[PDB]
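Below is one structure, written out as structure tokens; the observations come after it.
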Amino acid sequence: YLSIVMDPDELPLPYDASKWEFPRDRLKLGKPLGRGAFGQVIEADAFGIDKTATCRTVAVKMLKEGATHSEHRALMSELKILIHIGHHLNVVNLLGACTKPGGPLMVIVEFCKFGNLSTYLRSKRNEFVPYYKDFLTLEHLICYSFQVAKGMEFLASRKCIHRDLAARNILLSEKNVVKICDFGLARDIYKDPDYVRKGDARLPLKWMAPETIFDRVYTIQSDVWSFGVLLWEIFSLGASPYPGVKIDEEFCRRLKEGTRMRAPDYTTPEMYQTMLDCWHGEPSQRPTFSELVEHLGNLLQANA
Ligand SMILES: CNC(=O)c1ccccc1Sc1ccc2c(/C=C/c3ccccn3)n[nH]c2c1
């Protein structure tokens with residue numbers, strides 16, 4: 001289960017072990033940060049992984065009991081696409097991997113100390129003011145929004161899409177930097193109500209563009225729709241989308257016909273209009289991530 005993938009619309013991966021391979025004995029595994037059926041992300045201390053002679057807290061994805069060879073192959077392709085994507089401030093950064101025989105495949109990325117953005121924002125409801133040290137403000141929210149737009153613009157430039165863009169897949173680290181990730185195998189989607197059963201699949205319906213729901217099309221522009229939902233999540237401080245609405249056939253029907261969420265509690269007028277732009281019924285009429293980067297950039301400096 002991987003949602004970050006090469007864009008099929010853009011098609012038509014080696015492994016440089018001398019670069020990426022990290023000795024398992026320089027890694028000390030710690031507590032779980034997330035668990036799915038067949039995979040998990042665990043906190044760990046990596047000695048010298050990115051700076052000579054320095055201990056570094058990292059996150060490591062690996063398989064668990066119940067996984068089979070096909071999950072193993074899938075994790076390997078996750079490693080390979082992370083290598084292809086390369087470095088950007090706003091995408092969780094690959095630091096190394098353990099791929100030698102005799103032990104588990106392990107994919108090592110930077111640790112983001114505040115966890116996923118949805119949970120985090122939902123914990124700051126009592127510590128927010130629009131304009132008190134450690135209180136969140138409108139500036140933070142706009143800034144997080146701007147950052148994710150940049151990461152997504154970057155992913156687009158690497159010819160990838162994110163099939164599961166949502167606040168639960170945004171991480172907050174120090175210095176108010178947010179990073180796009182995908183828990184993937186390390187999330188239990190059969191147990192997480194954000195994923196709704198449909199066919200043999202469990203899908204993030206509330207984040208999905210109508211053409212994705214009805215036609216099963218995944219494009220970068222369907223990602224823009226999800227980004228609109230993510231914006232709504234940010235400016236609701238971590239609320240669940242479409243509050244108190246049964247996600248069924250009629251939901252999808254009303255969505256295709258043009259029903260949208262009302263403005264969240266902490267939004268500005270400009271931001272809500274931006275959400276609405278992202279939720280344009282016509283994919284080609286939605287803004288691009290580049291246009292969003294520019295626009296959120298202006299909203300940011302305008303705000304301060
Ligand atoms: C596309 N692949 C990945 O995103 C990925 C690859 C390897 C390992 C993990 C991930 S996803 C991920 C999930 C959680 C994390 C964290 C920390 C989360 C946290 C922090 C505090 C409390 C609870 N959870 N840091 N970095 C992470 C990366």
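In what follows, residues are counted from 1 in the order of the sequence shown. Each ligand, and each atom within it, is numbered from 1 in the order the structure gives. This entry, so its header tells us, was determined using X-ray crystallography, 2.0 Å.
- Within 4.5 Å of ligand 1, most heavy-atom pairs belong to the chain that UniProt identifies as Vascular endothelial growth factor receptor 2.
- PDB records give the name of the drug at ligand 1 as axitinib.
- Applying a heavy-atom cut-off of 4.0 Å to axitinib picks out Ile4, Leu33, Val41, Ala59, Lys61, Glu78, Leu82, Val92, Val107, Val109, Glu110, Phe111, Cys112, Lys113, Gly115, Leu171, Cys181, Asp182, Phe183.
- Among all protein heavy atoms, the one lying closest to atom 14 (C) of axitinib is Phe183 CZ, 3.6 Å.
- Summary of contacts: the protein heavy atom closest to atom 26 (N) of axitinib is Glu110 O, 2.9 Å.
- Remark: minimum distance from atom 10 (C) of axitinib to any protein heavy atom is reached at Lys61 CE, 3.7 Å.
- For chain A, the active-site residue flagged by UniProt that comes closest to axitinib, at the heavy-atom distance given to 1 Å, is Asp164, 10 Å.
- Proximity to axitinib (heavy atom under 4.0 Å) is shown by these UniProt ATP-binding residues of chain A: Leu33, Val41, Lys61.
- Using a 4.0 Å cut-off to heavy atoms of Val41, the atoms of axitinib that qualify are 9 (C).
- Taking distance alone, with nitrogen or oxygen atoms compared against 3.5 Å, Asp182 approaches axitinib more closely than that limit.
- The ligand atoms of axitinib that sit less than 4.0 angstrom from a heavy atom of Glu78 are 1 (C), 2 (N), 3 (C), 5 (C), 6 (C).
- When only non-hydrogen protein atoms are considered, atom 27 (C) of axitinib lies nearest to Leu171 CD1, 3.3 Å.
- Protein heavy atom closest to atom 22 (C) of axitinib, with residue, atom name and distance, is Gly115 CA, 4.4 Å.
- Per the entry, the source species of chain A is Homo sapiens.
- In the deposited model, no covalent bond links axitinib to a chain.
- Every N/O-N/O distance between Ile4 and axitinib stays at or above 3.5 Å.
- Interface of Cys112 with axitinib, defined as ligand atoms under 4.0 Å from a residue heavy atom, comprises 16 (C), 17 (C), 18 (C), 20 (C), 25 (N), 26 (N).
- Interface atoms of axitinib facing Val92, defined by a heavy-atom separation under 4.0 Å, are 4 (O).
- Every atom of axitinib with a heavy atom of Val109 under 4.0 Å away is listed here by number and element: 6 (C), 7 (C), 8 (C), 9 (C), 28 (C).
- For atom 21 (C) of axitinib, the closest non-hydrogen atom on the protein side is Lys113 O, 3.4 Å.
- In terms of UniProt domains, the contact of chain A with axitinib runs mainly through Protein kinase.
- Numbered from 1 in the order shown, with element, the atoms of axitinib that lie under 4.0 Å from a heavy atom of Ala59 read 8 (C), 25 (N), 26 (N), 27 (C).
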